[PDB]
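Looking at a structure with nirmatrelvir (bound form) today.
Proteins come first, then strands; the chains are lettered A, B, ... in the order of their sequence lines, and each starts at number 1. Atoms within each ligand, like the ligands themselves, are counted from 1 in listed order. Heavy atoms only: backbone and side chains are in, while hydrogens, waters and symmetry mates are out.
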Protein chains: 2
Amino acid sequence: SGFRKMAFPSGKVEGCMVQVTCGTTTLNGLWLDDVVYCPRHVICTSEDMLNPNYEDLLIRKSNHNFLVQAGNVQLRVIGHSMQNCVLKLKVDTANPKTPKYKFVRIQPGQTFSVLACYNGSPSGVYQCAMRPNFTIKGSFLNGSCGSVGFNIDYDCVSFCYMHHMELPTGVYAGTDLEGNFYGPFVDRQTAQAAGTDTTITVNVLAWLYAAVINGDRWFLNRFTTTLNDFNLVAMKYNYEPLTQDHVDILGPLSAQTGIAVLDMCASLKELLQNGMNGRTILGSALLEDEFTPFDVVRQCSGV
Amino acid sequence: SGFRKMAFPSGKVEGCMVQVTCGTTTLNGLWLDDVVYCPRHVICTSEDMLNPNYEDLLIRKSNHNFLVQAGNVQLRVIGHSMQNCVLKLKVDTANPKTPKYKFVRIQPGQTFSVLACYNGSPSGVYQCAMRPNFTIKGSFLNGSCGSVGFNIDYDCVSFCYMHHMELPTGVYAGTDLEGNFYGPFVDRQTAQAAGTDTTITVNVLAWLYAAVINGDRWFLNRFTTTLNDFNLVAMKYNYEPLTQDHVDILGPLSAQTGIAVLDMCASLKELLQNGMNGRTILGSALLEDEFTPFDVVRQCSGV
Ligand SMILES: *C(=N)[C@H](C[C@@H]1CCNC1=O)NC(=O)[C@@H]1[C@H]2[C@@H](CN1C(=O)[C@@H](NC(=O)C(F)(F)F)C(C)(C)C)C2(C)C
Ligand SMILES: *C(=N)[C@H](C[C@@H]1CCNC1=O)NC(=O)[C@@H]1[C@H]2[C@@H](CN1C(=O)[C@@H](NC(=O)C(F)(F)F)C(C)(C)C)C2(C)C
């Protein structure tokens with residue numbers, strides 16, 4: 001037993017990390033096949049950031065205004081197409097190291113691994129979750145712009161996230177790789193509301209299931225409950241309501257623990273009402289909600 | 001702002017992960033240049049594990065009793081030397097992918113990244129700390145045997161850890177790459193005492209320094225203290241005593257925060273005495289002690 005936050009191996013993604021410079025500004029891009037993706041705001045001076053017009057800005061740019069470095073390798077840019085908030089750059093060479101990939105738009109509650117770069121170089125990797133309000137709570141400092149998040153699918157890298165901007169709050173926003181923001185955000189330096197966050201209920205249950213499996217079980221109740229019961233609790237404590245589908249996804253855990261979901265939903269109810277009273281679950285002393293049921297299953301079998 | 005547990009990029013290490021089979025038992029090895037390292041207990045049946053004689057066991061083995069798979073590549077073994085608890089295997093090919101490396105024995109309190117494998121394949125990466133009692137509190141399931149931990153040094157992979165065994169408790173023990181256990185442990189399936197753990201005080205301070213830097217500062221005291229004062233507190237709450245050297249290492253943080261160490265040692269003293277009263281520091285609601293001062297500095301500058 002023992003259970004920590006764990007990220008996919010990053011090697012496969014390290015191979016695609018390039019630096020992209022365009023005047024002053026210089027950030028990280030993702031170079032796949034013969035295309036290189038990055039946040040479109042590379043084309044700004046920090047003066048433009050205040051209220052850009054990305055077309056009128058972009059219009060005064062030619063391939064040659066774009067430096068793309070891969071370690072010590074240079075790529076001639078030969079084409080440049082803005083796609084929403086992402087910039088695409090056609091280049092002479094196709095990345096040798098391009099792995100099998102897709103682009104995907106993930107959903108609130110879903111986790112991914114993130115590789116944080118600084119000027120086309122990986123410094124570190126961590127796992128995180130898209131919040132219900134389409135933000136994340138990670139660790140990104142200047143130059144980390146254009147860092148990416150992804151899941152790995154045996155062989156296949158599903159890319160879900162490109163990092164753009166921090167919110168006054170210390171939470172992050174960013175796009176899918178088609179360049180559509182996750183959330184109601186825009187690439188402009190103006191007051192922008194995060195919006196009220198909720199707790200990812202399905203995950204929390206997942207986490208408890210993980211607990212039971214590792215030995216930590218003191219919180220196992222004497223009761224049960226129905227759905228409506230518990231949802232109507234959840235509401236109060238800003239938990240996301242639990243559908244049938246959340247139950248079905250948990251079933252695999254029902255199975256391994258031989259614990260019906262609703263008996264766990266009824267352990268949660270109490271913890272929610274009674275607090276945790278100083279004791280620890282899996283070491284943590286609050287309710288971790290950034291492991292999916294899928295996550296727990298990867299790590300409580302052996303993938 | 002925002003600050004999470006973050007692991008070095010693993011690519012460089014992924015290239016060295018091989019599977020090693022020897023009869024029944026099959027676990028992960030590390031293949032560097034023309035040598036392959038793994039826990040010596042591969043040579044056991046689970047019957048031997050009860051009380052092995054590793055020489056008399058090893059003596060009945062020939063190179064050919066050893067299957068070494070790298071994805072779908074086979075290595076002829078041509079030499080086999082037990083070195084304490086690790087096994088070394090000479091092989092025809094030198095790993096093409098061998099990066100710059102050293103082997104190092106780290107010290108209580110020091111962190112590293114860990115890449116967890118299953119049958120010569122990386123499933124995941126996480127960061128962790130060697131506890132004062134030479135254990136770790138990670139996430140290792142069967143087949144993860146021979147997984148490794150390491151720091152990366154711009155270009156250079158310092159290997160510090162090879163995983164051997166779990167303790168009834170759900171904490172792990174394992175060797176340096178010379179094959180000497182960290183701690184008073186042996187590769188045998190018998191009752192073995194973890195020993196009393198302490199909290200890594202220097203790190204905790206480091207963590208607070210990280211807090212202040214990210215905005216979280218409610219815990220900033222009205223007082224100060226001397227060393228003896230605080231150490232004599234630490235004792236009670238099972239904290240490691242703080243040397244001058246711990247102060248010197250923290251100084252860089254003193255500098256960036258313009259907060260004298262002892263003013264922080266005096267914020268800690270109170271938190272220790274007063275508890276945390278439900279509020280959160282950097283989200284966590286207890287005292288994280290698994291980031292080094294070095295760690296905080298990597299992430300609170302931009303390496
Ligand atoms: C580059 N990585 C950076 C993101 C953050 C700076 C500090 N740490 C980071 O990760 N990108 C930007 O500079 C980013 C985007 C918009 C401004 N911006 C911000 O992060 C700002 N935030 C906003 O303007 C927001 F809309 F989110 F409120 C700020 C004020 C620096 C936090 C542009 C420059 C295009
Ligand atoms: C292989 N990875 C495994 C380690 C742990 C099994 C479950 N999760 C793990 O990470 N290696 C072993 O089987 C390991 C070493 C010794 C037994 N052993 C154990 O982990 C056992 N523990 C002990 O015997 C200990 F001394 F630590 F108390 C146990 C009972 C499975 C927890 C050998 C087989 C050589």
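- Within 4.5 Å of nirmatrelvir (bound form, ligand 1), most heavy-atom pairs belong to the chain that the PDB entry identifies as Non-structural protein 11.
- In this entry, the other chains with a heavy atom less than 4.0 Å from nirmatrelvir (bound form, ligand 1) are A.
- Within the deposited model, the covalent partner of nirmatrelvir (bound form, ligand 1) is A/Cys145 SG.
- Within chain A, the UniProt active-site residue with the least non-hydrogen distance to nirmatrelvir (bound form, ligand 1), rounded to 1 Å, is A/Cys145, 2 Å.
- In terms of UniProt domains, the contact of chain A with nirmatrelvir (bound form, ligand 1) runs mainly through Peptidase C30.
- Binding site of nirmatrelvir (bound form, ligand 1) at 4.0 Å, heavy atoms: A/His41, A/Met49, A/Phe140, A/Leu141, A/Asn142, A/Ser144, A/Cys145, A/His163, A/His164, A/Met165, A/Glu166, A/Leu167, A/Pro168, A/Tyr172, A/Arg188, A/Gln189, A/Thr190, A/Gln192.
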